[PDB]
Amino acid sequence: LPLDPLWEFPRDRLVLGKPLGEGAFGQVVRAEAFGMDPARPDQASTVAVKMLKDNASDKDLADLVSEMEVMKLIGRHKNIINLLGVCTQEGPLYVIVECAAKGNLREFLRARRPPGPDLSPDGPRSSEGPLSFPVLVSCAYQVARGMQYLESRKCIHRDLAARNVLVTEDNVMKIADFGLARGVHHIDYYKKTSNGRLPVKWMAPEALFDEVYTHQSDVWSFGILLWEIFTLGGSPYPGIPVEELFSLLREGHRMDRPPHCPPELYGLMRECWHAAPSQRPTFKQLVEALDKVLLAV
Ligand SMILES: Cc1ccc(C(=O)Nc2ccc(CN3CCN(C)CC3)c(C(F)(F)F)c2)cc1C#Cc1cnc2cccnn12
């Protein structure tokens, strides 16, 4: 690999820490970095480091290099996980990115569900959970802003889901993945992850049936992500196995309106799931629509 002085970071300024997850596309580890800002060479910061698994092949390495190159090109935005540096010289390939201290959006919501009626009232805020409507709307708005930026850079995500949105210490939403060379020509549609996820449930129909991905396919997934947010991390198409999902999508089945969700937001969900990709909103329109809701509250 050639040395790119713009992005290269000395590997000896990293102290690797706890693994944050392994996947098909490598492994991600928490690390401490010293002097990420060259103006403060001894300053510590917490970053995340992507690297190859133990017995990885050439395709795996090419896949990670491909990811590195895409991230260089994408540039910086508040609502995406940003590239910080790379280690390409004299040792294993490292791709260094921002660390989002609160983990992924799905787990963030599920850990913050309101207290149930089993509660015994204790103090003046027994009924008040950590999550409020305007903050949920702000989460959706931020994801839409990041997706609008990604679309402007001609980037199609292809697995937009709450699992792939990360949450910073300041509750800022950051689109990640946790994928890139997604192998769209050999998806196991029946795949269930170790946490029980069925990723086929986020795919637009034209992607699933016709293997066509566009920015409007990501808009479909965003609708699913909106449903995730307003169910506080619920699993889509509850109780529906993959075999039945296929036939229900062919009949044009859509998820019901979830409890305690205003019609404005179920309205947006159903717009995102219009059969014709051209009749779904663009991310620009979703940003504007959610902004209006945010201002009203
Ligand atoms: C180490 C690391 C390396 C890489 C990436 C990464 O997200 N790369 C990325 C690859 C592709 C794309 C877009 N493509 C999609 C596919 N597609 C078909 C083409 C274009 C994007 C996108 F954001 F632009 F979408 C990002 C994230 C991390 C992390 C981390 C981290 C920080 N805090 C925590 C806390 C808990 C867990 N993890 N974690």
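Following the PDB entry, chain A shows residues 454-750, kept in their order. Note: hydrogens, waters and symmetry copies are ignored here, and every other heavy atom, side chains too, is used. Whatever order the structure lists them in is the order used to number ligands and atoms, beginning at 1.
Contacts with ligand 1 are greatest for the chain named in UniProt as Fibroblast growth factor receptor 4. Found at ligand 1 is the drug ponatinib.
The residue-level binding site of ponatinib (ligand 1) (heavy-atom cut-off 4.0 Å) is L473, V481, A501, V502, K503, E520, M524, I534, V550, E551, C552, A553, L603, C608, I609, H610, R611, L619, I628, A629, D630, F631, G632, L633, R635. Near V502, the atoms of ponatinib (ligand 1) lying under 4.0 angstrom from a non-hydrogen atom of the residue are 1 (C). The active-site residue of chain A per UniProt that lies nearest to ponatinib (ligand 1), with minimum heavy-atom distance rounded to 1 Å, is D612, 6 Å. Per UniProt, most contacting residues of chain A around ponatinib (ligand 1) lie in the domain Protein kinase. In terms of protein heavy-atom proximity, atom 16 (C) of ponatinib (ligand 1) is closest to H610 O, 3.2 Å. For ponatinib (ligand 1) and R635, the ligand atoms under 4.0 Å from any heavy atom of the residue are 16 (C). Per the PDB record, the organism listed against chain A is Homo sapiens. Ponatinib (ligand 1) has a nitrogen or oxygen under 3.5 angstrom from a nitrogen or oxygen of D630. At under 3.5 Å, not a single nitrogen or oxygen of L473, backbone or side chain, sits near a nitrogen or oxygen of ponatinib (ligand 1). Under a 4.0 Å criterion applied to the non-hydrogen atoms of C552, ponatinib (ligand 1) contributes the atoms 32 (C), 33 (N). Given atom 38 (N) of ponatinib (ligand 1), the protein heavy atom at minimum distance is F631 CZ, 3.2 Å.
The ligand atoms of ponatinib (ligand 1) that sit less than 4.0 angstrom from a heavy atom of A553 are 32 (C), 33 (N), 34 (C), 35 (C). With respect to atom 20 (C) of ponatinib (ligand 1), the closest heavy atom belonging to the protein is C608 SG, 3.3 Å. Atoms of ponatinib (ligand 1) found under 4.0 Å from any heavy atom of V550 (numbered from 1 in listed order, with element): 1 (C), 2 (C), 3 (C), 27 (C), 28 (C), 29 (C), 30 (C). The protein heavy-atom contact nearest to atom 39 (N) of ponatinib (ligand 1) is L619 CD1, 3.4 Å. Considering backbone and side-chain atoms together, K503 places no N or O closer than 3.5 Å to any N or O of ponatinib (ligand 1).
Near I628, meaning under 4.0 Å from any of its heavy atoms, are these atoms of ponatinib (ligand 1): 23 (F).
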